[PDB]
Amino acid sequence: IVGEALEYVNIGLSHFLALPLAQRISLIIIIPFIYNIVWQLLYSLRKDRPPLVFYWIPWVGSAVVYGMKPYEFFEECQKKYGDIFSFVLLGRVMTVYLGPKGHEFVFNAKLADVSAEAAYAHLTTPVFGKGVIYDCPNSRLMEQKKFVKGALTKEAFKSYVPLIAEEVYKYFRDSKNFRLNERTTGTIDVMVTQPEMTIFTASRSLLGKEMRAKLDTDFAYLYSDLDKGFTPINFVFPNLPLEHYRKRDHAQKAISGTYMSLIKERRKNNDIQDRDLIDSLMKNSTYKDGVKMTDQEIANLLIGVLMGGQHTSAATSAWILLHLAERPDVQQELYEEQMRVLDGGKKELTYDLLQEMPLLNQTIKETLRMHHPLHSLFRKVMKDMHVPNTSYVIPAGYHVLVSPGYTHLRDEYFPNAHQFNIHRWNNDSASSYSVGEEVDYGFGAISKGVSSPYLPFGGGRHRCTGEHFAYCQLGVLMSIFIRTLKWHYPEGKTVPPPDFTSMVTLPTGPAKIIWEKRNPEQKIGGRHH
Ligand SMILES: CC[C@@H](C)n1ncn(-c2ccc(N3CCN(c4ccc(OC[C@H]5CO[C@](Cn6cncn6)(c6ccc(Cl)cc6Cl)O5)cc4)CC3)cc2)c1=O
Ligand code: HEM
């Protein structure tokens, strides 16, 4: 008789439901804990799954160790498991594929296989607004990138260079952090100065003079408020009825409204030239199926572009200053190049002369090697994926994670990878190079292969289109810093470690340097109060 047993099943269920609150809570925690461990042990038997990093806390997974030191986490996992492994992260399964083959697996993945917008939209859509970037099909993203790229041309860079330079000099003149007309030396936190110089220079050139002028007003606080919504938390909790979530939403409306006001004014007065990215999107924001971007979508796109350029660039120029603060030999070498290319300062800086500054560009290139702003790029897997030359299948609903910044720091691909050396790029100073065949996903011909161990700007359909703007902006900024100042560390201070829990791998603050004027008597002209 198994009927007796079946009765006692029902009996036990009833005795289970009648447990005292103490055991119920205990079982509420013990039961999922035990199942999680048993599920992992069983999971490890599958040969059609990459190894899964073991974890104790259900749902949480490896989030703490991954979040604090992802490259150390990746190195340990790589030693135990090789280049392909999974780990649980706040309810999601991330499948990591390290090295150039991982770049290929994820950046060149078929459009049907993975989705960037499914990984990213819940964060970006609240900050930028509806209809653009990840709040739209990939084919719309492809053309938005084409629109923006049409404003980021050599001719645009030629006119951005003197504008960015004016903004840097104005910042040296007026910012409390410098005031070069009044002080010949001082101490700055580069995580204060660089966000400010970045937003001032990017506003002036991409958004134009009106939007730049707005940052000298209370309006600037909206950018700060909107900036707070750009945090990895939004990957988990994109919306919570908390205050800073509402300040973010309000900022997005207020800022996009400011942009729309300007757009509608310009159209009303027929004042549509070729000054800035706003002009360009007003003239060139019609999809190939004939639909026009709305004024709201244009403004949302402007927010996304400005916010994306903001954090990558400001972290990168901070890192450049930090690495050079302990390398007075590199500052000297860069200074000699400035004197040579600009004839002792008798030539004004232009976009073309910037391209004749290989050491300066190598300094940016090397900083981006050692400090990839984005340590982990993700896609959500939409269809099961066979990992070539393995028996592994990545099922739909998993996430794939690619980390070119991890490979940037591997000795095998960059000898003495943890040493800052701009001369490893001698006779190779371009921001990136297409080493073979090319392909066009909708926004211009880019490298077909994505197997370079150096991939600061990603590859494939989601490849960065800001790279040349970033080099222009960082180039102008660093040319002027080098020609104007020397800098060094407070005693006993050195390059800080990266903060891998922020949106970008910015330096852990406060990160202070001491600057001094190369020409204490040099004055910056212009009006100021
Ligand atoms: C909770 C416990 C704690 C210990 N913990 N546990 C885990 N973590 C953690 C894990 C991972 C991460 N992150 C860091 C951020 N990261 C990430 C950030 C941005 C990103 O952007 C990719 C897309 C979307 O944004 C942009 C960024 N960009 C590109 N170029 C310039 N910016 C983008 C592209 C285009 C446009 Cl228009 C705008 C933008 Cl912002 O590209 C991708 C990954 C993911 C991992 C942070 C913390 C923790 O802190
Ligand atoms: C040092 C500076 C920068 C670095 C290292 C960088 C890096 C990257 C990377 C790695 C990606 C791909 C993300 C992924 O594959 O998930 C990307 C995408 C992108 N970035 Fe940048 N970026 C920088 C600056 C900028 C700037 C200044 C802009 C705009 C002016 C910009 C706009 C974009 C856009 C539009 C995309 C396309 C995203 C997509 O198609 O999904 N970036 N960037």
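In order, the residues displayed for chain A correspond to 7-535 in the PDB entry numbering, which applies throughout. Only heavy atoms go into these numbers, but all of them, side chains included; no hydrogens, no water, no symmetry mates. Atoms within each ligand, like the ligands themselves, are counted from 1 in listed order.
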Q.
Could you tell me which macromolecule makes the most contacts with ligand 1 here? Its name in the PDB entry would be great.
A. Lanosterol 14-alpha demethylase
Q: Specify the drug or drug candidate modeled at ligand 1.
A: itraconazole
Q. Which residues, given by chain and number, make up the 4.0 Å heavy-atom shell around itraconazole?
A. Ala69, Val70, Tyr72, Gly73, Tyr126, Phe134, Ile139, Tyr140, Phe236, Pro238, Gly310, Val311, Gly314, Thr318, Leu380, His381, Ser382, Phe384, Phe506, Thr507, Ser508, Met509
Q: For atom 38 (C) of itraconazole, state whether the nearest protein heavy atom is under 4.0 Å away.
A: yes
Q. Under 4.0 Å from atom 26 (C) of itraconazole, do we find at least one protein heavy atom?
A. no
Q. So which protein heavy atom does atom 36 (C) of itraconazole come closest to, and at what separation?
A. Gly310 O, 3.9 Å
Q: Tell me which protein heavy atom sits closest to atom 20 (C) of itraconazole, plus the residue, atom name and distance to 0.1 Å.
A: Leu380 CD2, 4.0 Å
Q. What is the nearest protein non-hydrogen atom to atom 31 (C) of itraconazole, stated with its residue, atom name and distance?
A. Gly314 O, 3.1 Å
**Q.** Protein residue, atom and distance nearest to atom 14 (C) of itraconazole, heavy-atom basis
**A.** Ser508 O, 3.2 Å
Q | chain A: source organism in the PDB | A | Saccharomyces cerevisiae (strain YJM789)
Q) Heavy-atom distance from atom 11 (C) of itraconazole to the protein below 4.0 Å? A) yes
(Q) Suppose we measure from atom 13 (N) of itraconazole to each protein heavy atom; which comes out shortest, and what is that distance? (A) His381 NE2, 3.9 Å
(Q) If you scan the protein for heavy atoms around atom 18 (C) of itraconazole, do you find one that is closer than 4.0 Å? (A) yes
Q. Who's the nearest protein heavy-atom neighbour of atom 9 (C) of itraconazole, and how far?
A. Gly73 CA, 3.8 Å
Q: Check itraconazole against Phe236 and write out every atom of the ligand that is under 4.0 Å from a heavy-atom position of the residue.
A: 40 (Cl)
Q. Which of the atoms in itraconazole, numbered in the order shown and given with their element, are less than 4.0 Å from a heavy-atom of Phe384?
A. 44 (C), 45 (C)
(Q) Protein non-hydrogen atoms only, distance under 4.0 Å: does atom 2 (C) of itraconazole have such a neighbour? (A) no
Q: Name the closest protein heavy atom to atom 43 (C) of itraconazole, giving the residue it belongs to and the distance to 0.1 Å.
A: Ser382 O, 3.1 Å
Q: Starting from atom 41 (O) of itraconazole, locate the nearest protein heavy atom and write down its residue, its atom name and how far away it is, to 0.1 Å.
A: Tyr140 OH, 3.9 Å
